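Looking at a structure with sulindac today.
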Amino acid sequence: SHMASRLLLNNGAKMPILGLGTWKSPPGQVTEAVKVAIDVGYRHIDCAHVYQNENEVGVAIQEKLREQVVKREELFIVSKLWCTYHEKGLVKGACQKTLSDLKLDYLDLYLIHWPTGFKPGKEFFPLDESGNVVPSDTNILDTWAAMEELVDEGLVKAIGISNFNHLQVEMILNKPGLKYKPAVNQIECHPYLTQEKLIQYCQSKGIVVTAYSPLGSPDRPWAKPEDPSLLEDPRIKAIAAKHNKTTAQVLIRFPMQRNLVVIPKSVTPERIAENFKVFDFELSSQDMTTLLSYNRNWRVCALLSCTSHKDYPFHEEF
Ligand SMILES: NC(=O)c1ccc[n+]([C@@H]2O[C@H](COP(=O)([O-])OP(=O)(O)OC[C@H]3O[C@@H](n4cnc5c(N)ncnc54)[C@H](OP(=O)(O)O)[C@@H]3O)[C@@H](O)[C@H]2O)c1
Ligand SMILES: CC1=C(CC(=O)O)c2cc(F)ccc2/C1=C\c1ccc([S@@](C)=O)cc1
């Protein structure tokens, strides 16, 4: 497939280009899912405190470490700082809680989950009397400085951002006194939301892009029948058929050939294995351009409750 398993980040570390997603993976199933993934070759797991399943993911990681199926140095564990913890004095604790839950002493990568900070408290989405999200007066630059401290304290090897538009990425890159550049911007990306502008921009700066919801997140809670469906798109199934692969495998191989990292989620053992079997074939440049042609700027994750937040990322073109 002419395809290396890892790429180089701007912190000097290598990141496996294929990871296991864990959003929506039920806590009673995610431990098995992660164990199976490690058994069949995954070395990169994507996590978040807001997913509420980090403890159970941690159980799997710890068993595989204890059993010497894999060494810690071979794993690449990613988590994300939730929006209610953007305050300077809350970032370390949030990171430590994630570390404790995952049963790790460091993260390979820690991302600001969204550019939008919310009021701190027990609620992940604090709403006013009217149902609008209650912002915090923290800005992304001070949050970034807090993230940089995590590196200097040994808690995380790399820091990054997620759902940042190109102007927000630029704000960080131009932050006065910037100490560490974002290593990664994790964004939604698939044939219905191809992200050429943002990807090219990030890559030109040495920022690696991770593509999330690469299968179109068919299990997203807000899905409706009228929504397009990547996995059922006959045009994509045709390309898969031509290559004797599954539609999902094509959808995973797609971002890989764009020098993106990709993190398909599954709790199904058979699909976990299938999804990893994407290093044995190549999409043609024609295949790639054809898949790109399907773009319709359609977002699974639009964060509709925060469209008035000053830092809402999706008003901008890219
Ligand atoms: N803000 C953010 O940074 C953000 C936002 C969204 C997602 N993410 C990350 O990206 C990960 C992946 O995105 P996602 O969870 O939104 O959706 P996704 O990976 O595009 O799709 C997951 C869905 O696809 C199904 N599936 C997986 N493999 C399949 C296969 N081979 N054939 C048919 N169906 C298959 C899964 O079913 P089963 O599980 O039942 O097998 C699940 O319903 C997330 O888990 C999360 O880690 C991050
Ligand atoms: C896009 C999205 C994701 C994926 C992500 O951020 O990784 C997510 C993950 C969670 F664990 C919880 C909520 C969300 C979410 C959007 C969202 C959902 C509900 C609400 S309340 C209005 O019902 C508001 C926003």
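Nothing fancy with the numbering, it's 1 onward along the sequence. The basis for the numbers below is simple: all heavy atoms, side chains too, and nothing from hydrogens, waters or symmetry mates. Order of appearance sets the numbers: ligands from 1, and atoms from 1 within every ligand.
- In this structure, the ligands or chains belonging to sulindac are ligand 2.
- Structurally, the greatest contact with sulindac is made by what the PDB entry calls Aldose reductase.
- Lab note: binding site of sulindac, heavy atoms under 4.0 Å, is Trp23, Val50, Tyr51, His113, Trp114, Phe125, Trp222, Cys301, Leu303, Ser305.
- Near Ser305, meaning under 4.0 Å from any of its heavy atoms, are these atoms of sulindac: 22 (C), 24 (C).
- For sulindac, the nearest UniProt active-site residue in chain A, with the shortest heavy-atom distance to 1 Å, is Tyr51, 3 Å.
- Close contacts between sulindac and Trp114 involve ligand atoms 1 (C), 6 (O) [criterion: under 4.0 Å to a heavy atom].
- Within the 4.0 Å cut-off (strictly below), no protein heavy atom is located near atom 23 (O) of sulindac.
- Heavy-atom contacts of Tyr51 reach the following atoms of sulindac: 7 (O), 11 (F) (cutoff under 4.0 Å).
- Residue-ligand proximity, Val50 to sulindac, at heavy-atom distances under 4.0 Å covers atoms 11 (F).
- When each atom of sulindac is checked for a heavy atom of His113 under 4.0 Å away, the hits are 5 (C), 6 (O), 7 (O).
- Atom 18 (C) of sulindac has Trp222 CZ3, 4.2 Å as its closest protein atom, hydrogens excluded (heavy atom only).
- For atom 1 (C) of sulindac, a protein heavy-atom neighbour is found at a distance under 4.0 Å.
- UniProt NADP(+)-binding residues of chain A with a heavy atom under 4.0 Å from sulindac: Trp222.
- Among the ligands and ions shown, the ones besides sulindac lying under 4.0 Å from that drug are ligand 1 (NADP nicotinamide-adenine-dinucleotide phosphate).
- The substrate-binding residues of chain A named by UniProt that have a heavy atom under 4.0 Å from sulindac are exactly: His113.
- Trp23 CZ2, 3.6 Å is the protein heavy atom nearest to atom 3 (C) of sulindac.
- The closest protein non-hydrogen atom to atom 13 (C) of sulindac is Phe125 CE1, 3.8 Å.
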